[PDB]
Amino acid sequence: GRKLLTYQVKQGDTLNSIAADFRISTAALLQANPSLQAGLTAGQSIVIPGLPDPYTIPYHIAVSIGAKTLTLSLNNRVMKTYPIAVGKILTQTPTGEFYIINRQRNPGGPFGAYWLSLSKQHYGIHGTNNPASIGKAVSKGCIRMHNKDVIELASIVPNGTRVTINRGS
Ligand SMILES: *C(=O)[C@@H]([C@@H]1CC(SCCNC=N)=C(C(=O)O)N1)[C@@H](C)O
């Protein structure tokens, strides 16, 4: 069958934060990972029960802050590239990986057609009513694009898509 997801926590992470960071209960992430009853540890690896494994999944989101574009990739080759908010002077390479964990039903409002979640706190892939700041403005690091674009990606990238955000060089 298809495997459940793995996560590797970064220095400073905490149980509750990570659980509902994964849109789940700490107890469920505990059930699968009794190491975490007590807590989480930098570089430690944890399973996300009820969520499939990103290695069964072939999808690879390469959004380099340096590249200022988020590249979709299947089977070692890109699917398509979407523009995102990087900034005009924002350094510090976040050496970590996130996963496309969720997609939300048509909200009905300016939430941007779809709400897709990343795996670390204040990061998400979503939509907009204003795409003109996308890739061309300092929108405080918002990973949003056109409605249909974020639904394209949405339906292709599954509940465990690998996504990295790095300034590169
Ligand atoms: C980016 O497009 C916005 C930015 C988004 C957010 S956080 C929104 C909710 N995310 C999910 N919990 C902003 C914020 O300050 O909270 N603003 C930018 C253009 O203002």
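Per the PDB entry, chain A residues shown: 1-169, in order. Per the header of the entry, the method used was solution NMR. In each ligand, atom 1 is the first atom listed, and ligand 1 is the first ligand listed.
For ligand 1, the chief contact partner in this model is given in UniProt as Putative L,D-transpeptidase YkuD. The drug name recorded for ligand 1 is imipenem (open form). Near imipenem (open form), within 4.0 Å on a heavy-atom basis, the structure shows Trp115, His122, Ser139, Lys140, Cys142, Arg144. The UniProt domain of chain A that supplies most contacts to imipenem (open form) is L,D-TPase catalytic.
Rounded to 1 Å, the minimal heavy-atom contact between imipenem (open form) and the UniProt active-site residues of chain A is with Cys142, 2 Å. In this PDB entry, a covalent bond connects imipenem (open form) with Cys142 SG.
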